[PDB]
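As listed: the chains are lettered in turn, A, B, ..., one for each sequence line. In order, the residues displayed for chain A correspond to 56-189, 209-585 in the PDB entry numbering, which applies throughout. We number chain B the way the PDB entry does; in order, the residues shown are 55-186, 210-408, 414-585. In listed order, ligands and their atoms are each counted from 1. Computation of the quantities below employed the complete heavy-atom set of this structure, encompassing side-chain atoms and omitting hydrogens, waters and symmetry-equivalent molecules. Going by what the header records, the deposited coordinates were determined by X-ray crystallography, 2.2 Å.
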Amino acid sequence: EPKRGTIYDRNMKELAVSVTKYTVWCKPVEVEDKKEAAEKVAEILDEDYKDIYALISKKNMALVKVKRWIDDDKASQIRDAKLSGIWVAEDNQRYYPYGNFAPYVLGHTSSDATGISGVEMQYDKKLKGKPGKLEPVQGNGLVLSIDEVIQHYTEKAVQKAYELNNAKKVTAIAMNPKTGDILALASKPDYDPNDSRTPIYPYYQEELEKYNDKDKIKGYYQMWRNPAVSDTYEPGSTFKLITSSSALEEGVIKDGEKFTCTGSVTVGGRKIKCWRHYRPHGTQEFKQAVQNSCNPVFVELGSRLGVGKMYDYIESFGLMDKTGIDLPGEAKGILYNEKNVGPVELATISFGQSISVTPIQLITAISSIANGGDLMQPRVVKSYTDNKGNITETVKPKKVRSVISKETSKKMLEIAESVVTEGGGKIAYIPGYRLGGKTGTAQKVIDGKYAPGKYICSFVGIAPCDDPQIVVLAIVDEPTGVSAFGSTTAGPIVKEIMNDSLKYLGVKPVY
Amino acid sequence: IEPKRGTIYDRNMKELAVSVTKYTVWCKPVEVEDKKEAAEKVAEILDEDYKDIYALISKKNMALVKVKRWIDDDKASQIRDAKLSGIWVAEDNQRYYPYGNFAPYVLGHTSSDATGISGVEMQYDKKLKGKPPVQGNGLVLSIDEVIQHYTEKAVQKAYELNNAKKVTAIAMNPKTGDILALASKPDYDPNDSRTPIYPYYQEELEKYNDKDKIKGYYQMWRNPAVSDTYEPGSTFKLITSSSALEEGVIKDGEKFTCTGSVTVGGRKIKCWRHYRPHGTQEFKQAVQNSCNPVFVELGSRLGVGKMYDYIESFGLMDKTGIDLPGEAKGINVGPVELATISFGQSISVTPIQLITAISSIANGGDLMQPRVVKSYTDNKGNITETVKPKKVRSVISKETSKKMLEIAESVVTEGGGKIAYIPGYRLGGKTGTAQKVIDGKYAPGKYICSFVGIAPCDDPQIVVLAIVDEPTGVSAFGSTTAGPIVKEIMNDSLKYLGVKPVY
Ligand SMILES: *C(=O)[C@@H](NC(=O)[C@H](N)c1ccccc1)[C@@H]1N[C@@H](C(=O)O)C(C)(C)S1
Ligand SMILES: *C(=O)[C@@H](NC(=O)[C@H](N)c1ccccc1)[C@@H]1N[C@@H](C(=O)O)C(C)(C)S1
Ligand SMILES: [Zn+2]
Ligand SMILES: [Zn+2]
């Protein structure tokens, strides 16, 4: 079996490496004195007698693995023990040196070192070594766009929010909007790629004993599923950045136009309420309606666009199609067919309800607003290496299309900054770093229906808005026992990741 | 009449800088006998505000007033044909750069009185100036406009891709010391030398009060390739290696062992790749893997004495004497400084010093004076004199030169330079990554990445130094940032130079 190629972060830190280890094997029948062998092996390996005894006493199993991937020192003690029916064999370990880290990027391999999830699978052929015969050649390596420092800050912020919000799931993606490079992708609960079948979060512990042995592979695939690329969700008010960009690009907002909030608008015989319908926003300039997250104003902009223009921009921002991200099992969101869209559906779409997207779709779309209107193909793999760590080839950023003009982009970045300085994203304000973004709080869809007390809260951030270098999307899925708002659950995630990442990146503060 | 300057040509006699005859409208106010009637006519012809023209011709206290500068020949004979007593037109030559925003750090530009204030325009101001009208003598640059276009294109692409503070590339003919190309982004347009054409310069000029704007101008105009110093990083291992081999301190088939670190006194210098040490290495392989411990050992075997002699001999302590203005001269810790110096840290050079040093390795060991001016012409475009290639000294033997060219090729075929590999073209070179020295202190997340290429290594015809200064949002390594710049320039330039592929 040949070693797989090494997977590096963008600073050439090893994230996944094939290392030559030794495994302790046993044929029970060939073991003369089982208590004696168990005690010798147990002492060498530093394991409890009763556990090693239970392994080498096994019935009807002709060949038993006693312990995988022991170091050379302990493997030499086993050999030199000269025990019967007990031996050591060379065994390639697929080792992930940062452990419970970036599992939904890296993925993992089966027993035979075949990639079965994440980058390990997507680039299985590129990573595979060339076999030897009774010497093997290590496979070519990969350099990710992922930065282990930003990934750490992302994992840390997401793990904190998961505990604090007692959430079903917390997910964050950090993107370079200029290139579409993923800097970080974290979701909790997650798994350790060093031990892909051992749940390390109670949630997955409880989910794996709702399956019999025959069907446990289904529970494993559930735990290995990348929520950033495979799950869909109604994005809430973050989609108001899409509606705003579309409205400004189409010229449907007059300069100095005042929009009046009375707390509701009637469409299709239904009242669509402002969140603050008890205390109407009254007269608003457009900037102030985004700051206020005033639903009726977005209903009006949706109507001025109509179903056709609205669906053109949704398609153009990439929200009806896979992003083409180089990870396995991407979904493509859920949207009502354009020609069956009624007035109430159109009105809700205008503020991000009755449309489902992946997190990757939504961050990719928002990144085009932060990149002069250019939609980029997201990617995780930036470069290929030989088996000695030498770069052989690097991948160019791919511009898919211009969604909006440079002028609309600049106006939107000025509006996004004002949401964080003057509006509903104030919680995420960092002095000197010109953070912009938008919050969402959306009732959760389960089996095509809106369930009660179950929300998805999100915040998308862009920094710095004068020259965007990082976009962060954080999603808190079903926060429990807390103020369930985008600002209070997800805003602190984006603020922490932005604060730590911009200082790591050396972004100069401007006060 | 300030006479026409000499024309500046590329080496294929394409015009890069030429004086063109325009016309200026003059007034002697005490002879405009019918002022606002005379100023109504001139206002239309020149299309002026009817007031701005009157205001100028009705000046009580001036013997001569310039009405409008650099007007076209139609309007010149229109003004002559109106035969007003106090108003005429005179010739007035304008400097034009037909390629516009192209090799601005080589060409430079002039002030309104046709005096050169940067680049070749200033360095050769005397040679270019006309007789007071006889047009001045012209220059033929070593610059090739085709290779310059390949260099500008590669450097602009890298500037955008890497969101860098700056990208700089020099192409040199190692046999002659001739500069084939010198480009840097951001740069400026010598046709309009005070209007920033890059956001970066738009920002840096707005930081000065209008009164103090000159420090801003001279910052936009500064040629980073001759005036800016930097820490070369591992490209310096080509100097250290050449020096080691020339002194003979490397034994034939000697093996060097990497275990992630060395001990050069109590202080232990570690390798850059101590996570997976390189193990046992032929010298070739130490250079391919850029193994720091090996170059420390080589440094120790030379001593401070011989190291500093070789550095000086390669010209790295002295100006090159390139014929451009404002060249930087450039910038204690015992065996520890000696150790770090061995791979290009705590040592600062200009890009022109470094490419000149590497060029001597690629030219059988002959250090050459670099030059941008190959020939002089008359005022009619005939060549009168060619500047001879000037050897400064032999730094190493043809033997050491051949060994170093074999190693340089192996860096690109087998080692850290693989990104730049072109089938048939025998490229060699070395990557560098350094932390940026600012006012003497290393920063955080601030790297200068570089790649020096030599091709073909069996008969070198071109050396290219590419430097990406502060790449942003991307992996900061010589190979990924600077390697594609050299590859692109080498690919386009070797075909144009008519280098035959050998498979
Ligand atoms: C966008 O997400 C909007 N959300 C809604 O209108 C929901 N139907 C809602 C959920 C919870 C409470 C009230 C309404 C606006 N943006 C939200 C946010 O920015 O957090 C909001 C709650 C301010 S309303
Ligand atoms: C030569 O430039 C060396 N560079 C360094 O030792 C820097 N201190 C460094 C920068 C980034 C990461 C680790 C160390 C060696 N040559 C470089 C190159 O060829 O680009 C290198 C990164 C392989 S280390
Ligand atoms: Zn409202
Ligand atoms: Zn080493």
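- Notes: drug at ligand 2 recorded as ampicillin (open form).
- Tallying contacts with ampicillin (open form, ligand 2), the largest count belongs to the chain named in the PDB entry as Stage V sporulation protein D (Sporulation specific penicillin-binding protein).
- Taking 4.0 Å as the heavy-atom limit, the other chains contacting ampicillin (open form, ligand 2) are B.
- Contacts between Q517(B) and ampicillin (open form, ligand 2) below 4.0 angstrom, taking non-hydrogen atoms only, are absent altogether.
- Residue-level proximity to ampicillin (open form, ligand 2) for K512(B) is carried by the side chain, the only part with a heavy atom below 4.0 angstrom.
- What sits closest to atom 9 (C) of ampicillin (open form, ligand 2) on the protein, heavy atoms only, is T515(B) O, 4.1 Å.
- Residue, atom and distance of the protein heavy atom nearest to atom 8 (N) of ampicillin (open form, ligand 2) are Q427(B) OE1, 3.4 Å.
- Scanning all protein heavy atoms for the shortest distance to atom 13 (C) of ampicillin (open form, ligand 2) gives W349(B) CB, 4.4 Å.
- Backbone and side-chain nitrogen or oxygen atoms of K314(B) are examined, and none is located within less than 3.5 angstrom of a nitrogen or oxygen of ampicillin (open form, ligand 2).
- Remark: distances from the non-hydrogen atoms of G514(B) to ampicillin (open form, ligand 2) include one below 4.0 Å.
- In terms of protein heavy atoms, atom 1 (C) of ampicillin (open form, ligand 2) is closest to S311(B) OG, 1.3 Å.
- Assignment of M67(A) to the shell around ampicillin (open form, ligand 2) is not supported, since no heavy atom sits closer than 4.0 Å.
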Tabulation required: pairs of a nitrogen or oxygen in ampicillin (open form, ligand 2) and a protein nitrogen or oxygen under 3.5 Å; columns are atom names and distance to 0.1 Å; otherwise 'none'.
| from | atom 1 | to | atom 2 | distance (Å) |
| --- | --- | --- | --- | --- |
| ampicillin (open form, ligand 2) | 2 (O) | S311(B) | N | 2.4 |
| ampicillin (open form, ligand 2) | 2 (O) | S311(B) | OG | 2.3 |
| ampicillin (open form, ligand 2) | 2 (O) | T515(B) | N | 3.2 |
| ampicillin (open form, ligand 2) | 2 (O) | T515(B) | O | 3.2 |
| ampicillin (open form, ligand 2) | 4 (N) | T515(B) | O | 3.1 |
| ampicillin (open form, ligand 2) | 6 (O) | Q427(B) | OE1 | 3.3 |
| ampicillin (open form, ligand 2) | 8 (N) | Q427(B) | OE1 | 3.4 |
| ampicillin (open form, ligand 2) | 16 (N) | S311(B) | OG | 2.9 |
| ampicillin (open form, ligand 2) | 16 (N) | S367(B) | OG | 3.0 |
| ampicillin (open form, ligand 2) | 19 (O) | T513(B) | OG1 | 2.6 |
| ampicillin (open form, ligand 2) | 20 (O) | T515(B) | OG1 | 2.7 |

